[PDB]
Enquirer: 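Encoded as structure tokens, here's the structure I'll be asking about.
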Amino acid sequence: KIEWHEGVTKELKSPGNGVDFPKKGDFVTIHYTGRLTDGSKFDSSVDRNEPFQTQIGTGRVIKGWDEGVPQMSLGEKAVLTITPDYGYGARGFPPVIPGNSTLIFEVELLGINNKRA
Amino acid sequence: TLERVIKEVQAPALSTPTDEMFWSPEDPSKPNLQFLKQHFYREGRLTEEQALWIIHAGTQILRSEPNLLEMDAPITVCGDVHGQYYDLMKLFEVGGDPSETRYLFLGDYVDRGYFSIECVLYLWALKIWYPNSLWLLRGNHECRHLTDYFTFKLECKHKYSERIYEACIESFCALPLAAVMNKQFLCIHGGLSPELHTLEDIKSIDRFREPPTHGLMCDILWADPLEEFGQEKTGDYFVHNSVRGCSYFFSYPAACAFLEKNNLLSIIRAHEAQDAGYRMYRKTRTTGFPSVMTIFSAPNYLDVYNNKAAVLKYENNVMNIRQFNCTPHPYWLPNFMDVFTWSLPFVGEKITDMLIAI
Amino acid sequence: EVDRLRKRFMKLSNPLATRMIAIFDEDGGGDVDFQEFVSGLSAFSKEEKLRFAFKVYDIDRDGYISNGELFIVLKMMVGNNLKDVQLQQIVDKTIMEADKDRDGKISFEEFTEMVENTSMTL
Ligand SMILES: C=CC[C@@H]1/C=C(\C)C[C@H](C)C[C@H](OC)[C@H]2O[C@@](O)(C(=O)C(=O)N3CCCC[C@H]3C(=O)O[C@H](/C(C)=C/[C@@H]3CC[C@@H](O)[C@H](OC)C3)[C@H](C)[C@@H](O)CC1=O)[C@H](C)C[C@@H]2OC
Ligand SMILES: [Ca+2]
Ligand SMILES: [Ca+2]
Ligand SMILES: [Ca+2]
Ligand SMILES: [Fe+3]
Ligand SMILES: [Zn+2]
């Protein structure tokens, strides 16, 4: 029951091109839907009808994303299971994320440095 | 405030209503519905006193109603709303104005949607105006547990106060559990129960309390039809609901056994989201009529499902489904988070990073 | 202490570049001297930290966070991740909930009473 990983695991739901992978410092465009372990949604870029953009692997986002997203190919639909340490830790992110929360992100990599899928 | 960047965007209503604005000019003992409709639409708030009055007056009426409501056609049956006030406005435009249309809501007025208290205050206001033509059933979300777990308690404490939340909780306990519409349909939120044999079982329930973790009162709010409803390999009636973590899944022979026992045509329910806003289940062998009807009245559920909503209209001997799409609504940060709490953690990081560069 | 910092001062794509450089410039001249350099850093050595966070949003340095200032500063960090409508709406609602004296603006007292629950170190 005890698994050994850095703090994030990826579940490939739908494959991308299998060629273009986000490298450290690249700008990615992702449609995400974040849920808790109970399955309840706390946030989604779909809610705003606006794909999320950020620089990956530079400490902009949580550690689970900086280590999870580069494992995805351009166009891939996957699910990221993120431990609290790769998430928001014991402090969490009130009033949105409780302390010591395992985060589950449905992520679709739409673009890598303005190269879309 | 004239000095805003995006002036084309309308600002929320700044002030709370006065007594003259609040009370109806035609009936000074009841709230102004047209005013409330517009005030809530513009994200306006009532005073604590006004909001408390609506809930308490609503409680006054609900406490006098039986556990099992009994109403005749015509009627418009509505499913889940879940704080989608701006879709609730579309609902009444499709179903018809409550002043000349008989309604029946199956529950789940709160949580998930960030305009739950607006839905409650307005629906309660309608109940005050039309106590004998508009009826409200209790959903599984109309309790202390789920409202505290999800967003409704947070919404009340944020937009108003804890006194408002406690008023709604008390009011939710007064909400009827079921209804028999036109002596043909059992109307509930969830589904059937192994303890539900006749309609008399519902009538003997003490509904003035929080829903139990198990039992008849629980199942009425939580039970679901099987995923393979109408196509069960076994002849079993019930089975543990692994999805909900409580109550049961009921089957087609289970539904038929109940309907034949109580001389009812169908079971009109909600509780489950449908892509078309509704789902018609397998027809009975006795009457050839759909044994179960799921009605869902929350379009584009959680702003992501992109589903249609629907209401059931039954008039004379005619019945039909009316669908409608979602309506744009103002944006809230998750859990009513303010932009200061929302941005400060990121600001602290960028300042810290800028410090290192020096 | 100050002698070491004075040595570092003599030796000397962030979205909050224009803002932070304007905070150090306390007279609004356009430059920054040692006294402005030390004073800016001294806040990171709980009240003074919150006072600095307030200056991030307060562009004209009038002591109040206006609706327009709040939108502009937020847009620097958010970018396209929120639509103009979506951001303007949560900006409007934040002001109303924080504007206890109803002047359309946000004082420092109103700001702290909003984020009493909530970060910057050296
Ligand atoms: C002026 C606005 C600020 C700016 C806000 C935006 C650009 C809007 C953008 C859609 C964020 C959402 O706003 C609606 C909202 O998304 C969440 O709901 C969410 O699903 C989430 O977890 N996401 C979002 C998707 C990427 C992963 C993760 C995240 O890494 O988000 C990042 C995050 C919070 C990192 C913190 C930073 C502080 C550190 O101390 C902490 O370290 C532990 C980690 C976000 C993107 C920051 O990089 C950028 C910002 O903060 C958060 C629960 C709270 C977050 O609002 C802040
Ligand atoms: Ca200067
Ligand atoms: Ca100002
Ligand atoms: Ca003020
Ligand atoms: Fe529901
Ligand atoms: Zn339900």
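Chain naming here is simple, since letters A, B, ... match the order of the sequence lines and numbering starts at 1 in each. Counting starts at 1 for both ligands and their atoms, following the listed order. What's counted below: heavy atoms across the whole structure, side chains too, no hydrogens, waters or symmetry copies.
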Enquirer: Provide the recorded name of the drug at ligand 1.
Expert: tacrolimus
Enquirer: Find the chain with the greatest contact count to tacrolimus (ligand 1) and give its name in the PDB entry.
Expert: FK506-binding protein 1A
Enquirer: Can you give me the letters of other chains with a heavy atom under 4.0 Å from tacrolimus (ligand 1)?
Expert: A, B, C
Enquirer: Taking the non-hydrogen atoms of B:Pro345, is any one of them nearer than 4.0 angstrom to tacrolimus (ligand 1)?
Expert: yes
Enquirer: Is it the side chain, the backbone, both or neither of A:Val61 that has a heavy atom closer than 4.0 Å to tacrolimus (ligand 1)?
Expert: both
Enquirer: Of the choices A:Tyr32, A:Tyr88, A:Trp65, A:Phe42, which has the non-hydrogen atom that lies closest to atom 29 (C) of tacrolimus (ligand 1)?
Expert: A:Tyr88
Enquirer: For chain C, what name does the PDB entry give?
Expert: Calcineurin Ca2+-binding regulatory subunit CnaB
Enquirer: Which one holds for A:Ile62 and tacrolimus (ligand 1): side chain close, backbone close, both close, or neither close, with close meaning a heavy atom under 4.0 Å?
Expert: both
Enquirer: Which other ligands and ions neighbour tacrolimus (ligand 1) at distances under 4.0 Å?
Expert: none
Enquirer: Which UniProt domain of chain A holds most residues that touch tacrolimus (ligand 1)?
Expert: PPIase FKBP-type
Enquirer: I need the atoms of tacrolimus (ligand 1) closer than 4.0 Å to a non-hydrogen atom of A:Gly87, numbered in the order shown.
Expert: 43 (C)
Enquirer: Write out the binding site of tacrolimus (ligand 1) as chain and residue number, heavy atoms closer than 4.0 Å.
Expert: A:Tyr32, A:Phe42, A:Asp43, A:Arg48, A:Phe52, A:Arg60, A:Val61, A:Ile62, A:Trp65, A:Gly87, A:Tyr88, A:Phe93, A:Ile97, A:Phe105, B:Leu333, B:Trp342, B:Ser343, B:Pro345, B:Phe346, B:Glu349, C:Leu74, C:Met77, C:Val78, C:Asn81
